[PDB]
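Below: one structure, written as structure tokens.
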Number of protein chains: 2
Amino acid sequence: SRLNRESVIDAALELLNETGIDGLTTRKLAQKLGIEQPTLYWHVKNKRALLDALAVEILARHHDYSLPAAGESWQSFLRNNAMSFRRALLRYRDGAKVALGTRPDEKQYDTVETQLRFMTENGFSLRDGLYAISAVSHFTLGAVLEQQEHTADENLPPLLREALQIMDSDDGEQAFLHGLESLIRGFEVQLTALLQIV
Amino acid sequence: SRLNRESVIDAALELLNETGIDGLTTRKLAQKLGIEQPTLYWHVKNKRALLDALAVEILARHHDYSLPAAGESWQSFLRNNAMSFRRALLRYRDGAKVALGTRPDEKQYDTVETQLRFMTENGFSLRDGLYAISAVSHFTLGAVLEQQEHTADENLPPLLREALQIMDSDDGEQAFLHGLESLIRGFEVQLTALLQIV
Ligand SMILES: C[C@H]1c2cccc(O)c2C(=O)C2=C(O)[C@]3(O)C(=O)C(C(N)=O)=C(O)[C@@H](N(C)C)[C@@H]3[C@@H](O)[C@@H]21
Ligand SMILES: C[C@H]1c2cccc(O)c2C(=O)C2=C(O)[C@]3(O)C(=O)C(C(N)=O)=C(O)[C@@H](N(C)C)[C@@H]3[C@@H](O)[C@@H]21
Ligand SMILES: [Cl-]
Ligand SMILES: [Cl-]
Ligand SMILES: [Cl-]
Ligand SMILES: [Cl-]
Ligand SMILES: [Cl-]
Ligand SMILES: [Cl-]
Ligand SMILES: [Cl-]
Ligand SMILES: [Cl-]
Ligand SMILES: [Cl-]
Ligand SMILES: [Cl-]
Ligand SMILES: [Mg+2]
Ligand SMILES: [Mg+2]
């Protein structure tokens, strides 16, 4: 079929959904695109190369809250950013595993530069703003992995039994949204304190 | 060599370190133990079975702060628990990927039951205490994955350039320890508030 970048990414995202990350292969991608393995090699060198591009394109297609509104608070921006990051990552099977260990792409520079600039213009040192960004990113990544990977007893002590009932009664959105408010409020306590002991 | 549970786990943890999770196989485990694949099958059915046991044994060997001291605060317990969880997970390559999506083992029941009980005896509803436990777990899991997986440009805009310098200047312990204080303080704000608007 068509082998421009857009079409190779479309097929690679379908395959990721049917098979997951550990069963995504250049052999199986060649099969789905209707082509021979050496035809594929011209366009895509290895699994790593593909994985890097998939991390970028999932957010381009599905991460709609990358940038703060005019007048929006930093707290609100982190809330709306995190929910949109979580949605984009749940959209494909092992989506969060695809995003793991990547660094901003050249095509994300203007966007992530605007994000860091926004945090500094709201009173964070670059280092403290980055610590807040990284903590929201890591918490969200952790929550999506545990949910997604989870999809992949008679003598339960009583509080564990009820806790497992609580977890199994929801997809994880409730625990996620509660955790995010705790994180955002902790950053606020830290920022407002300045040089006071807190 | 010896094929009792302890010895199969020793070998599987070595192999995990040389090869990572995605390259851990029953074929390669059989090779390292000096045995044929059907000899292995009697002791270990599949990769999933192995992965479940490895998650348990990494914490048994290396997770030394499972339980609070006499008189210890809940804040202190979560701090000391999280640092010990992080250490145990960094001890092997893709350690955090091994722990992902598992639920307490029968051999962890008394331990995790004591943990949930401790949170309730410090004023948390079971649901709110579980939300705090899950948030600390997810943040830690996220931070270790990004660090571990990361191990697996000339026109950098200026704040991203300095932020990447900041991340590359440390193994991730600094960002982790800062994030954990923000999370613990947010739970405290939430718990103390009770039915007040906060
Ligand atoms: C500033 C970025 C950064 C800086 C230095 C080292 C890094 O590893 C990063 C990132 O990895 C970021 C992301 O991945 C984003 O998810 C990211 O790239 C991104 C985006 N493309 O819109 C986000 O929404 C961000 N968000 C918190 C989930 C986040 C970025 O802010 C950071
Ligand atoms: C209470 C446990 C729980 C309850 C209900 C559903 C669950 O999925 C869990 C866990 O997965 C827990 C862990 O994995 C621990 O890491 C876990 O098993 C554990 C331990 N074996 O010592 C910990 O130290 C805990 N810690 C926060 C990292 C944590 C457990 O508290 C929870
Ligand atoms: Cl074709
Ligand atoms: Cl075509
Ligand atoms: Cl083409
Ligand atoms: Cl294209
Ligand atoms: Cl491959
Ligand atoms: Cl032998
Ligand atoms: Cl022997
Ligand atoms: Cl034996
Ligand atoms: Cl044994
Ligand atoms: Cl296997
Ligand atoms: Mg990232
Ligand atoms: Mg767990």
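The chains referred to below are lettered A, B, ... by the order of the sequence lines, with proteins before strands, and numbering in each begins at 1. Note that ligands are numbered from 1 as they come in the structure, with each ligand's atoms numbered from 1 the same way. In what follows, every heavy atom counts, from backbone to side chain, and hydrogens, waters and symmetry copies are set aside.
- For ligand 1, the chief contact partner in this model is given in UniProt as Tetracycline repressor protein class D.
- The compound at ligand 1 is the drug or drug candidate doxycycline.
- Heavy-atom contacts below 4.0 Å between doxycycline (ligand 1) and other chains occur for A, B.
- Applying a heavy-atom cut-off of 4.0 Å to doxycycline (ligand 1) picks out A/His63, A/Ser66, A/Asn81, A/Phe85, A/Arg103, A/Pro104, A/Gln108, A/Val112, A/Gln115, A/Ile133, A/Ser137, B/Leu160, B/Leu164, B/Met167.
- Looking at B/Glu146 next to doxycycline (ligand 1), no N or O pair under 3.5 Å apart turns up.
- Per-residue contacts place A/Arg103 under 4.0 angstrom from the following atoms of doxycycline (ligand 1) (heavy atoms of the residue considered): 8 (O).
- For atom 18 (O) of doxycycline (ligand 1), the closest non-hydrogen atom on the protein side is A/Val112 CG1, 3.7 Å.
- Regarding atom 6 (C) of doxycycline (ligand 1), its nearest protein heavy-atom neighbour is B/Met167 SD, 3.1 Å.
- Counting only heavy atoms of the protein, atom 27 (C) of doxycycline (ligand 1) lies nearest to A/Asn81 OD1, 2.9 Å.
- In this structure, the protein non-hydrogen atom closest to atom 32 (C) of doxycycline (ligand 1) is A/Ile133 CG2, 3.9 Å.
- In terms of polar-atom proximity, defined here as any N/O pair under 3.5 Å, A/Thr111 makes no such contact with doxycycline (ligand 1).
- The protein atom (non-hydrogen) at minimum distance from atom 13 (C) of doxycycline (ligand 1) is A/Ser137 OG, 4.7 Å.
- Protein heavy atom closest to atom 29 (C) of doxycycline (ligand 1), with residue, atom name and distance, is A/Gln115 OE1, 3.7 Å.
- The nearest protein atom to atom 12 (C) of doxycycline (ligand 1), hydrogens excluded, is given as A/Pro104 CG, 4.6 Å; this is a heavy-atom distance.
- For atom 25 (C) of doxycycline (ligand 1), a protein heavy-atom neighbour is found at a distance under 4.0 Å.
- Checking distances below 4.0 Å from doxycycline (ligand 1) gives these other ligands and ions: ligand 13 (magnesium ion).
- Residues flagged by UniProt as binding tetracycline in chain A that sit under 4.0 Å from doxycycline (ligand 1) (heavy atoms): A/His63, A/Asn81.
- Proximity to A/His63 (heavy-atom distance under 4.0 Å) selects the following atoms of doxycycline (ligand 1): 20 (C), 22 (O), 23 (C), 24 (O).
- Nearest to atom 4 (C) of doxycycline (ligand 1) among the protein's heavy atoms is B/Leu160 CD1, 3.9 Å.
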In a simple table, one pair per line, please give the protein and doxycycline (ligand 1) atom names for every N or O pair closer than 3.5 Å, along with the distance.
unit_1	atom_1	unit_2	atom_2	d
doxycycline (ligand 1)	22 (O)	A/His63	NE2	3.2
doxycycline (ligand 1)	22 (O)	A/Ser66	OG	2.8
doxycycline (ligand 1)	22 (O)	A/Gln115	NE2	3.2
doxycycline (ligand 1)	24 (O)	A/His63	NE2	2.7
doxycycline (ligand 1)	24 (O)	A/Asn81	OD1	3.2
doxycycline (ligand 1)	24 (O)	A/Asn81	ND2	3.0
doxycycline (ligand 1)	24 (O)	A/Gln115	NE2	3.4
doxycycline (ligand 1)	26 (N)	A/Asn81	OD1	2.6
doxycycline (ligand 1)	31 (O)	A/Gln115	OE1	2.4

